[PDB]
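In the model that follows, one finds PRT062607.
Here the PDB entry sets the residue numbers for chain A, with the shown residues being 363-378, 382-405, 411-530, 532-639 in order. Values below: all heavy atoms of this structure, side chains included; hydrogens, waters and symmetry mates excluded. Header says: X-ray crystallography, 1.8 Å. Order of appearance sets the numbers: ligands from 1, and atoms from 1 within every ligand.
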Amino acid sequence: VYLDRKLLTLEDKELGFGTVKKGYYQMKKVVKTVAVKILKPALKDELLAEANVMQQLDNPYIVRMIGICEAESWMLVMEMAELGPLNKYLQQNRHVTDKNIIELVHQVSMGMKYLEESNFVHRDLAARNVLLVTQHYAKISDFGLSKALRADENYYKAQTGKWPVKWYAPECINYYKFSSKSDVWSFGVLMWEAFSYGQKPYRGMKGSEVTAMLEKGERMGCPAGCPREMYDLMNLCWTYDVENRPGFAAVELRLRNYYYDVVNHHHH
Ligand SMILES: NC(=O)c1cnc(N[C@@H]2CCCC[C@@H]2N)nc1Nc1cccc(-n2nccn2)c1
């Protein structure tokens, strides 16, 4: 996992803990374009824990880590997803079709089905953390809050924090318990963001007002032009009771089947 600084070439400009910069890494033969997270002891430990999670994952729909390097600061080197975050892409590309959005959120569900099978919880699943390789190829990124589940438990219990509350399930807020089912709830919010072309969820509401709304059984409305089948899936992800909420195997299957029905309608 330890990379050679002499083989890494960093660009001066910043793409976006610190910063994300574009670079190039000399591989065995080819040169590879990379995205590098550069830190600007708690930050070092967090980056190394993130590196430890990514090291264990191998799936076409999850950003691959190339390695780590300790130079000017600690650096986490990843494969580059040229088109950037999904929310920003859709805000700038409103012509993207409903079929293309289904294709991308289905890819995220495949990556998450893999993470669930791997017994890792993401804990920051949102459209800003889905990166586009192409307009037809999404990858999940940003494993800074992710956790490997213990062998005897299907959830992570947080003790302390600065949380993305609008993407969190009720049991995360009420019991500090994070599971693959909690990530399913976040995935419902991510689907809403995607079909709303990168609009922020729960516009104009405080985190506490969001909790109050959800407790009353109320949910965000259907985005303009969103297929009813996809809005129904969002509502199923937003099942209040964790036991009754589907896991990613059930979600990916529903998305897969619907995507094939849409691919069929297009051919007709
Ligand atoms: N492998 C990667 O390509 C990569 C992995 N992870 C991330 N993480 C960032 C953290 C900052 C928030 C946004 C995102 N979750 N960004 C990556 N690339 C990237 C590519 C183009 C643009 C940007 N970009 N545009 C605006 C901000 N960042 C990032």
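Contacts with PRT062607 are greatest for the chain named in UniProt as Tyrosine-protein kinase SYK.
Listed by atom number, the atoms of PRT062607 under 4.0 Å from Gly454 heavy atoms are 20 (C), 21 (C), 22 (C). Between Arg498 and PRT062607, at least one pair of N/O atoms sits closer than 3.5 Å. The shortest N or O to N or O distance between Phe382 and PRT062607 is not below 3.5 Å. Which parts of PRT062607 touch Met450 is read off a 4.0 Å heavy-atom cut-off, strictly below it: atoms 3 (O).
Neither the backbone nor the side chain of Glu452 comes within contact range of PRT062607; no heavy atom lies under 4.0 Å.
Of the candidates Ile510, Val503, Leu501, the one placing a heavy atom closest to atom 5 (C) of PRT062607 is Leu501.
Counting only non-hydrogen atoms and rounding to 1 Å, the UniProt active-site residue of chain A nearest PRT062607 is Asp494, 8 Å. Close contacts between PRT062607 and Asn499 involve ligand atoms 15 (N) [criterion: under 4.0 Å to a heavy atom].
The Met448 neighbourhood of PRT062607 comprises atoms 1 (N), 5 (C), with distances under 4.0 Å to a heavy atom of that residue.
Using a 4.0 Å cut-off between heavy atoms, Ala400 contacts PRT062607 through its side chain alone, with no backbone atom that close. Which parts of PRT062607 touch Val433 is read off a 4.0 Å heavy-atom cut-off, strictly below it: atoms 1 (N).
Every atom of PRT062607 is numbered from 1 in the order shown, and the set under 4.0 Å from a heavy atom of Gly378 is 27 (C), 28 (N).
Close approach to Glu449 involves these atoms of PRT062607, each under 4.0 Å from a residue heavy atom: 1 (N), 2 (C), 3 (O). In chain A, most residues contacting PRT062607 belong to UniProt domain Protein kinase.
By chain and number, the binding site of PRT062607 at a non-hydrogen cut-off of 4.0 Å is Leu377, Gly378, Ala400, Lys402, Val433, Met448, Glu449, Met450, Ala451, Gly454, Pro455, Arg498, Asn499, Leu501, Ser511, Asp512.
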